[PDB]
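In what follows, a single structure is set out as structure tokens and then discussed.
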There are 2 protein chains.
Amino acid sequence: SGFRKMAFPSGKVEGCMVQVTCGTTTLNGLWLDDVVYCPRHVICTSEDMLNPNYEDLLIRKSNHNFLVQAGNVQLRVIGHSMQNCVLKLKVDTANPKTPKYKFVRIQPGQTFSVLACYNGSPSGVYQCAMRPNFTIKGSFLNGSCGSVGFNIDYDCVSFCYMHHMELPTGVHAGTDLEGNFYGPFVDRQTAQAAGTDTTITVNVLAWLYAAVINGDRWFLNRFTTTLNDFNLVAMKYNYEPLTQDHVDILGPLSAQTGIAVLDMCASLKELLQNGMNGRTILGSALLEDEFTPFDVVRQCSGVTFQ
Amino acid sequence: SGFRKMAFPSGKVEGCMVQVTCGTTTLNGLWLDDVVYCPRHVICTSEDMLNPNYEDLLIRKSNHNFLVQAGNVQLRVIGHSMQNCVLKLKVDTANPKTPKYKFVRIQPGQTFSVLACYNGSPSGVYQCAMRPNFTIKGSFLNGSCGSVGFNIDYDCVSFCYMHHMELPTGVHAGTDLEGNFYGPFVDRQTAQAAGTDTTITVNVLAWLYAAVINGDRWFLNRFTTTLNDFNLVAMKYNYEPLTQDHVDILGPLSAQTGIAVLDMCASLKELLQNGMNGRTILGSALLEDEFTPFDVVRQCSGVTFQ
Ligand SMILES: *[C@](O)(C(=O)NC1CC1)[C@H](CCC)NC(=O)[C@@H]1[C@H]2CCC[C@H]2CN1C(=O)[C@@H](NC(=O)[C@@H](NC(=O)c1cnccn1)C1CCCCC1)C(C)(C)C
Ligand SMILES: *[C@](O)(C(=O)NC1CC1)[C@H](CCC)NC(=O)[C@@H]1[C@H]2CCC[C@H]2CN1C(=O)[C@@H](NC(=O)[C@@H](NC(=O)c1cnccn1)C1CCCCC1)C(C)(C)C
């Protein structure tokens with residue numbers, strides 16, 4: 001038993017990280033096959049950040065302006081293209097450590113593991129969730145951009161995020177592996193507001209099941225509710241509205257514990273209006289929303305990976 | 001910026017995990033060089049657990065009673081010895097992926113990363129601390145024993161824990177890599193109490209510095225205290241007493257922020273007696289004690305690994 005913020009093993013990703021340099025800027029790139037992907041602002045100088053014309057900037061850059069390294073090994077750039085906000089650097093040497101991967105774009109509420117790196121070298125791994133406002137609350141310092149977020153499906157690494165920037169509020173934003181930002185952000189140094197954030201209701205319910213699985217059942221009650229009646233209370237506390245789909249995804253956890261999802265919603269409803277009254281759930285004094293139903297099943301069922 | 005429960009990249013450890021079988025028992029082993037280390041209770045049957053005589057049990061076992069696998073690859077056991085509560089299986093094939101390692105025994109309050117595995121396959125990675133009562137609050141299921149805890153020092157993996165069992169309270173216990181349990185536990189199925197647990201004061205102070213580094217400074221005050229006066233309040237709230245050594249280890253964080261350790265103790269003192277009054281620090285409503293001063297520096301300074 002037990003329950004922790006568990007991340008995916010990062011072995012498969014560690015072997016794809018490289019160091020990319022252009023001018024005085026050094027950041028990380030993702031080396032898969034014979035391509036190195038990295039944030040396109042790597043070609044900008046501090047003066048260009050205000051209002052960059054990436055197309056024109058890229059046109060003035062030649063393959064030898066890009067120094068790419070993989071430890072000692074220096075890769076040779078054969079070509080450079082730009083896809084959305086991501087830069088693709090064709091290289092002479094293909095990556096032998098290229099795992100079986102794919103690029104996916106996650107949705108708000110879904111979670112993934114982040115391999116924070118600096119100078120192409122791994123620093124740590126942690127789990128986090130894509131917030132409803134499309135930002136993430138990560139832990140990144142200068143030099144971290146190019147670090148990626150990923151998930152694993154047995155033997156397939158799914159890359160879903162590349163780090164690009166930080167907001168004054170302390171949160172982070174980036175794109176998927178096709179270069180499209182998550183959220184309304186653009187890569188230029190201007191004030192850009194992230195929408196209001198909300199609590200990922202489905203995740204909170206999953207965590208509550210996890211607690212029950214782990215013997216913490218004090219918050220359980222005999223009352224019941226309807227999806228409509230629950231949502232009315234939820235929206236008042238800035239919680240995402242719960243949909244029938246959410247209910248279906250929580251089915252497995254409901255099956256395993258014998259507690260209907262609406263019965264669980266009824267307990268959550270009470271907790272929102274009455275608070276936790278000095279008690280904790282799974283060691284926390286706040287309702288945790290960064291565990292998906294799948295994360296709970298995986299951790300409580302012991303799903304492993306090739 | 002940002003602050004998360006960060007674990008070490010597990011690449012180097014993933015390649016040392018193997019599956020060990022003996023009779024109807026299958027668990028994980030650690031394959032380094034030509035030795036596979038695993039919990040010695042792998043030779044026991046359910047009936048032997050009550051009061052096992054490991055020496056006699058081991059004597060009745062022959063090298064071919066141990067099936068060891070590394071994916072498809074089947075290793076061949078050439079010999080079997082027992083060191084304390086750990087079993088050493090000499091093998092015909094040495095591990096090519098054997099990293100530059102060493103075995104260390106940590107102290108209460110120190111943290112490490114755990115690579116949870118099942119059937120020799122990795123499941124996830126998470127950070128945790130050795131509690132003052134020598135247990136750990138991990139996340140492990142049946143089949144998890146042999147999973148290890150480790151740290152990394154540039155290019156050297158330091159193994160400091162091997163999982164053996166779980167207490168009814170839900171916490172976990174195991175040994176170091178030389179087979180000595182952490183705590184007063186013995187590997188037999190009998191009631192065995194873990195001592196009273198306490199809060200790792202030095203860690204809490206480190207986390208407070210982390211918060212300051214991250215802009216959360218509301219709890220700061222102009223008062224000051226003495227180590228003796230602080231400790232008197234601390235012991236009342238079941239906090240470990242703070243020693244001059246602790247103070248010295250917190251020096252780097254004090255240097256970086258310009259806040260004396262005793263000034264920080266004075267803020268913590270107030271928080272203990274007055275509470276957080278509906279506020280949070282680094283997103284938490286409780287004082288976190290599973291981050292060492294080093295963990296804070298590493299995460300706030302961006303230390304990486306070969
Ligand atoms: C990343 O490229 C990296 O690791 N580089 C290595 C060190 C050399 C780097 C990581 C910084 C911690 N990211 C950036 O430099 C991005 C790039 C890409 C988009 C613009 C520039 C600036 N930048 C930032 O992360 C900055 N943040 C901002 O510029 C935000 N600005 C404001 O909040 C703002 C702007 N004008 C007026 C008032 N406020 C913007 C906000 C909108 C979304 C994009 C980021 C810093 C300050 C470096 C964190
Ligand atoms: C591990 O070997 C594994 O992953 N095996 C794979 C599935 C085949 C396994 C993991 C279990 C979740 N560990 C154990 O089986 C250990 C071994 C080693 C020491 C004794 C046996 C039993 N065991 C346990 O983890 C059990 N826990 C206990 O036996 C605890 N007992 C009590 O609390 C107790 C005992 N008698 C009366 C009342 N209470 C003892 C407590 C003292 C310290 C050692 C553990 C289970 C119940 C399987 C978790």
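Chain letters run A, B, ... following the sequence lines, proteins first and then strands; every chain starts at 1. Note: hydrogens, waters and symmetry copies are ignored here, and every other heavy atom, side chains too, is used. As the structure lists them, so they are numbered: ligands from 1, and atoms in each ligand from 1.
- PDB records name the drug found at ligand 2 as telaprevir (bound form).
- The chief contact partner of telaprevir (bound form, ligand 2) in this model is named by UniProt as 3C-like proteinase nsp5.
- In this entry, the other chains with a heavy atom less than 4.0 Å from telaprevir (bound form, ligand 2) are B.
- Lab note: binding site of telaprevir (bound form, ligand 2), heavy atoms under 4.0 Å, is B:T26, B:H41, B:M49, B:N142, B:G143, B:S144, B:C145, B:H164, B:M165, B:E166, B:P168, B:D187, B:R188, B:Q189, B:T190, B:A191, B:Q192.
- Within the 4.0 Å cut-off (strictly below), a protein heavy atom is located near atom 35 (C) of telaprevir (bound form, ligand 2).
- Atom 48 (C) of telaprevir (bound form, ligand 2) lies below 4.0 Å from none of the non-hydrogen atoms of the protein.
- In the entry as deposited, the covalent bond from telaprevir (bound form, ligand 2) ends at B:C145 SG.
- Within the listing of telaprevir (bound form, ligand 2), atoms 16 (C), 19 (C), 25 (O), 43 (C), 44 (C), 45 (C) sit less than 4.0 angstrom from a heavy atom of B:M165.
- For telaprevir (bound form, ligand 2), one of its N or O atoms has an N or O atom of B:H41 under 3.5 Å away.
- Here's the thing with B:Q192: none of its N/O atoms is less than 3.5 angstrom from an N/O atom of telaprevir (bound form, ligand 2).
- Short contacts between telaprevir (bound form, ligand 2) and B:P168, defined as distances under 4.0 Å to a heavy atom of the residue, involve ligand atoms 33 (O).
- By UniProt annotation, the domain of chain B supplying most contacts to telaprevir (bound form, ligand 2) is Peptidase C30.
- Closest protein heavy atom to atom 37 (C) of telaprevir (bound form, ligand 2): B:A191 N, 4.0 Å.
- The shortest heavy-atom distance from telaprevir (bound form, ligand 2) to a UniProt active-site residue of chain B, with that residue, is B:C145, 2 Å.
- As stated in the entry, the source of chain B is Severe acute respiratory syndrome coronavirus 2.
- Residue-to-ligand polar distances place B:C145 within reach of telaprevir (bound form, ligand 2): an N/O pair is separated by less than 3.5 Å.
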